[PDB]
Structure formats: structure tokens, C-alpha cells
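The chains carry the letters A, B, and so on, in the order of their sequence lines. Quick note: numbers on chain A are straight from the PDB entry, i.e. 3-319, 329-396, in order. Per the PDB entry, chain B residues shown: 3-319, 329-396, in order. In what follows, every heavy atom counts, from backbone to side chain, and hydrogens, waters and symmetry copies are set aside. In listed order, ligands and their atoms are each counted from 1.
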Number of protein chains: 2
Amino acid sequence: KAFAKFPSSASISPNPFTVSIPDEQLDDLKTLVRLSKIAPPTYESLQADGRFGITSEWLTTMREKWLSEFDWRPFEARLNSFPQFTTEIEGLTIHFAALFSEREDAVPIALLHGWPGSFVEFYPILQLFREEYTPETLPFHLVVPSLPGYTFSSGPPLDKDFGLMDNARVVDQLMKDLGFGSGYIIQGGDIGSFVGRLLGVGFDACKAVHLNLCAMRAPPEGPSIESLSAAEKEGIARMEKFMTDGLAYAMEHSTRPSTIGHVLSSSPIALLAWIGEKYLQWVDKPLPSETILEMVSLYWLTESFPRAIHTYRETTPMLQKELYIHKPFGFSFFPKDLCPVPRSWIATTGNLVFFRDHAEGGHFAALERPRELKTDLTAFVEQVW
Amino acid sequence: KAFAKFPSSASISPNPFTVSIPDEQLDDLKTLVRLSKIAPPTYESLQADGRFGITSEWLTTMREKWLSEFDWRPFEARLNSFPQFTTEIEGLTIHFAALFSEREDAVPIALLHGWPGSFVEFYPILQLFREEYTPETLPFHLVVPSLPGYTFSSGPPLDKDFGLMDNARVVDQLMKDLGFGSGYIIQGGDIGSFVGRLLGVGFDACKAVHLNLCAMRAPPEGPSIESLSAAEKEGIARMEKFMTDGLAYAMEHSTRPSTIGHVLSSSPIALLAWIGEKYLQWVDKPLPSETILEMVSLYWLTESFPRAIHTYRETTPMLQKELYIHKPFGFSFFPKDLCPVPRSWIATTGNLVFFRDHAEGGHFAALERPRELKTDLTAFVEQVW
Ligand SMILES: CCCC(CCC)C(N)=O
Ligand SMILES: CCCC(CCC)C(N)=O
């Protein structure tokens, strides 16, 4: 119960949450893994560079590991190693993990995941904080919500559409419910950066926003592409290849969410292939194979996929004007994330007072470079709060 | 044995082929249908208009029918009701159905299927010819090949890339093997129309081409989208919707064929969702539910999907110049196929000497409107041969 006490000004009741998947669901996962079939080998599945997606070799070995090496129980205990709670907001059950400080002056921060991630993405950073602070000295309140449609959060609604602004509104309400209406900071990557920008733009209690993703076109009023350094041009080139060769999954989520939702719900191996591809291609250094299995299993056991992808019709269907962040705005750049835009471009989308360049790390910043992201966020808060 | 005799000038021996799927394969299929999971209901899968893809209701109903009503054996007997053969070309096993005339002067025609179709698409046309003629009066040789990577054809190769031109080369060589080196005509729709175009462009034994698809953008020289009729502009808008809201599946096939191949091989429910969506959306009048079950089961049992999608790299990554059909060119227009372009546009892409416009019918012309397609084709052949 260390770090678990709600701040003094929270208005909601603490409802402690524990992950406890019944053995039957685990047995059924294994059964469905076993019954699943692998594609016959094809020219494309035999390409070791994986330019056409996951290889037969990888899927074959991952499937065997899932049946024989994988154990949910230690990962689950790890999920349960931090304080978690649920609360209801607009009739939605909203799950969140948290490290709450006992200091009255602690800066409230919400850290926002995306797809195919989750609240667990931030666990390595929570771990560093717990190794390095006590509840008495912890300088921040660290709130890690599950966004509507993900894992232990319910939703989105069945009877109406739901988008990025609805996600933002829920996050702000959580922060308000926990006692943070006088101010909070947002850390956001992936879909959480879209949500974080909206909080910065339109929500008075959001005082500052740090992002590790700024997906954007060339700014209308410049600077132009030719003003970019050779290295920044390499980044734009990587982004353009992502935008042309790497976005088909997102356009399927966007245009046919119901179809792909059913497709990936039918077999755990379908889900692994689709989500596994991104955990392979979107990082700098390869993740442990068990981490991929853990994340995919988490999605499977919570039926996350068909619920989570609603925002794709908004993210993958103004940054200088309507969605310009007037508040203190920070950015951490990791080169192997998918949209490596230059600082000069990012600077046009908000009041950029803080920028950190990194030599390594890909899309899953919190998982891949937890120290660098924690350090960057800490410096940002110390600068602007 | 009727209609099964190879022409006198064939250089290959007949190797008669029969579909015979073992009971164990059907048993495994049924079990995977039963134990594959369905997504929980979402806002998207509750949309009765299906704008987000297949609904929970449809998939649930189709699954119940697949388990309790579907029977592979009568469909299989139907496959086996026309002459079928295999021959080896470039180390590939090439399957084809056929009605061979005993008339020495019979016009050789190959009819080319696409995705998610197969040789059986042309069975209604073959039956109409069989009812109308005897082997001694049949005016055409009707060859219906299975393209590399589909159903009972093997391949494509595991050790090299394979594309549309390779498909054209295989078809042209099959026709030569069967004795038609002095000339043949091609009917093509879907991917078969891309292959059909390449045969008209680059293969001299191909004497004329009839297509029911001509996917293209506005021609440079004319006429402009402005001068088009109201009905033509409505067609342009349907095509434009297809290219923007309806193309994600193809972009996934194109960019990540290995991943989607494995996804859809993992569970027959996955395959049914992905392919069934297209059998629903691409037709004019709804097909019987059992037809979709039959088409999907045929893909499942032959592991067609991962092998067949190789051409998408080229079809979904010139028509007035390099790929202009200088040979007699014919076109059948069915309004609910996916790219309904004006006749004036089509005319810029070949020597268009034949055009038939239809009030009804969608993508799967041979299936949906067999009398119209057979009839258009006969008229075309008699005119140009
Ligand atoms: C919000 C959509 C962003 C993309 C990844 C690009 C960085 C995704 N998660 O599908
Ligand atoms: C070759 C791409 C054609 C499309 C349908 C549009 C007519 C398909 N079969 O994927």
C-alpha cells in the first residue's frame, strides 16, 4: 500500500484493482494457440529482412514459446506490483496504475499510452521512481490511465461514436477526480500524444505537455524541406516511407474497424501476427520475445483490440493554428520512432520551451529508453512548473 | 469424358484432376470454426449499414450456418462436374477446368479469375455452354485456369519474386501447350484483367482481349470529368470512394503480404471475415450465404490466401502508351463493379472495337450475370476473330 493513498483533495473513493485472470481463460488461450494454423511458407514469409511482415520462422518459434515457455502468472504479479484502481467516468470503467506522493506539493502528471501499447508500457519508469524515492520524497503524482477501450478499462460506448476529444475529456476528468483540477502535466506518445495535444489546447487544468511524438506535414509558412539538415532530411524520408509502405494496418483500423476487430479476435495467433509485426518494426533494439507475448496476451485476455481502434478514424482519416499548444510544450526525440520530424517543424505547433535529442531508441520510448524518458520528463517539469 | 479431349495440336498429355479433400481436413475446419472466437459487440460491429465492415450479427449467423448447414461434399461434386486437369509449367502445378470442342476450327478462349475468386467463378458460364452445345457443335475451346497461387495451382515460387507478367507468361504457355499457339482470346476481370492486358500488350499468340475491369484515373488528353454524364460522374464517385474508403485490405496485401497471410491462415473465421466482407460489398444482388461459405472454405482448404496475394505489390502499388492494347479490345460494363469508368476513358487504353453497357450486376460478373457475360463474349469473339 506504499504510494497507494489518494491525494488529499481527491473527490472519488479508492477502488483498488488487482489483475486476476481465471485458469480457464489461460487454458483456452493455450488451446486456441495450439489449434491455430501457420500459413504455408511463401516467398514473402521467407524474407529475413521482414520487409513483407512477420516471417514464418518468427511466428513458428513464437507459437512454440507461447505454448511451452510462456507463463501469464509472473507477468500478472508484475502488473499487480504497483497500485491500480478503477473509477467510473461517464459510465465507463476507467482503470489506472499510479504512484501517489505523500507530498502535498507533488506535481501531478498523467502518462498516456497508445496502440498497441497500454499502461504497462510505463511500468519500467514507475519502477525507477520506486527504486529511487519513498512516498514521502516522491516529487510527482504519477497517473497511468488505461484509455477507453484498452485492457482493464471498459468502453468505448456501443450506442454512439467516440473519438480523441472524448478520450481527452475522460483523462482530464480522472485528473480532476483525483484532486488535480488546480493543475496537471501530460506526458504523451503515440495516440496519447494526440490526446495530450488536445488537453494542452483546450483544457484549463492541463498546464504543460511533454510529447515523444509529433506526427505532422511540412508547415505551411515553413521552414521548407530544403532548409533541413541532411540528417533531418533522412528523418523526413523515413517518415514518408512509413506513410506509404507502413500505414496499411492503420487504414484498415480506420476504414474497416469491425472487420479487422473480428479477424484479430478469432485466434490469438492472428493477434500476435498483426501486433507482433509492430513490436518488431517500431523499436530500435529488439524487445525480448516474452515481452511481446505478454503484451499480446494482455490484449487477448481483455479483448482490447476491437475496442481500442476507434480513434484510428480520427488519427488516420491546423497544428499551427487551432491545435497549437500555447502552454509550455516539451519534446523528446528518439530517432527510430516512425515520424521523425525536425525541431523547427515541431516548434511551429506549440510553445516549445524544451527539446531533447537522443541518439538511440524507437517508438516505444517508455519501454526502450525508460531512463532517458524519465530524466527528460523530470527536467521538463522542473523547468516549467 | 464429354468435352475432355485435348485438341489435336496439344503438346501435353491429359492429366485428369479430381478434387478430393480428406475427412480429417474437413473435421479440422469444422473444429476451428466452432472454437474460433468472435469479437465482443462494439459500436462499429453494431452498425447495420456495414460501413465499418461485417457486423457481429452477420458473422454470428454465418458461423452457425457454417457449422449446421454447410456441406463441402455437394460443392466438391460440383467442382468435379466439369473436366479438370493439371500440367507442370516452370516447376509449378497449374490446374485448369475446361470444355474442349471437337471442332478443329473452335476459337480458343481462356477466362481469367481474380481475388477472392477462382476457376469456379466461371462454372455458370461453362454450364450454359454445355447445355447449349454438344462437343461436336461447341464453337469455342473454354479454358479456365487457376492462376499461380490459387486453389489447386501451386506456387508462386519460394525463391524469387513473382508478378503480373509471370502470370501472363504462364497462361500464354498453358494455351500453347494445349495447342493454341496459332491464336487465342482472353476474357479477364479483376486481377485477370491486369494479366489479360499484359497478354494483349506483349504476347503475340493472344489475338484479342475482352475485359470487365479497366481500373484507371482520368486520361490526360480527354475527356474531362466535366463533360461526363451525370451517370458517369456517379460512377466516378463510387470508384473514388473505393480508392479512399475501400482499399485498405489491398494496401495490406500489397505492403505486408506475409503478416496478413499468417493472420488469415490462423483461423477460418478470420478468413471468412476478411473475404466475406468483399463478397458482401462487391456484388449487386446479394449472393446466397452458402456461396460465400463455399468460396471461403475452398480458399481455406487449398491455403490460397497467402499465396494468391503476391500480385497486389503490382496492382496496388501507362495505359495510353506502354500498356495500350493494340489488339481488338472489348469491354463489358457492370455498374456495381468497383471502378466504373466512362467508355471514353476505356477507349484511350486500347483498340476498343466492342462495348456493352449493363443496367445491373456487380464485381463478380461471371457469377452474378453469367448469361450477359457469356453473351457479350460470344458477340465479341465472333466480331473480332
Ligand atoms: C496515432 C496513430 C499513430 C501510429 C504510429 C505512428 C507513430 C499508430 N500507433 O498506429
Ligand atoms: C486488383 C485489385 C482489384 C480489386 C477489386 C477492385 C475491382 C481486388 N480484387 O482486390
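- Ranked by contacts, the chain bound most extensively to ligand 2 is, in the PDB entry, Epoxide hydrolase.
- The compound at ligand 2, a drug or drug candidate, is named valpromide.
- By chain letter, the other chains having a heavy atom closer than 4.0 Å to valpromide (ligand 2) are B.
- For valpromide (ligand 2), the atoms sitting less than 4.0 Å from at least one non-hydrogen atom of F196(B) are 1 (C), numbered in the order shown with element in parentheses.
- Close contacts between valpromide (ligand 2) and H374(B) involve ligand atoms 7 (C) [criterion: under 4.0 Å to a heavy atom].
- Residue contacts with valpromide (ligand 2) for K280(B) are absent, since no atom lies close enough (heavy atoms, distance under 4.0 Å).
- Below 4.0 Å from some heavy atom of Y251(B) lie the following atoms of valpromide (ligand 2), by number and element: 4 (C), 5 (C), 8 (C), 10 (O).
- Listed by number with element, the atoms of valpromide (ligand 2) under 4.0 Å from a non-hydrogen atom of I193(B) are 1 (C).
- Under a 4.0 Å heavy-atom criterion, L215(B) is in contact with valpromide (ligand 2).
- Between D192(B) and valpromide (ligand 2), an N or O atom pair is found at a separation short of 3.5 Å.
- Near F244(B), the atoms of valpromide (ligand 2) lying under 4.0 angstrom from a non-hydrogen atom of the residue are 6 (C).
- Heavy-atom contacts of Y314(B) reach the following atoms of valpromide (ligand 2): 8 (C), 9 (N), 10 (O) (cutoff under 4.0 Å).
- Between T317(B) and valpromide (ligand 2), no N or O atom pair is found at a separation short of 3.5 Å.
- Residues of other chains with a heavy atom under 4.0 Å from valpromide (ligand 2): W117(B), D192(B), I193(B), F196(B), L215(B), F244(B), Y251(B), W284(B), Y314(B), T317(B), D348(B), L349(B), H374(B).
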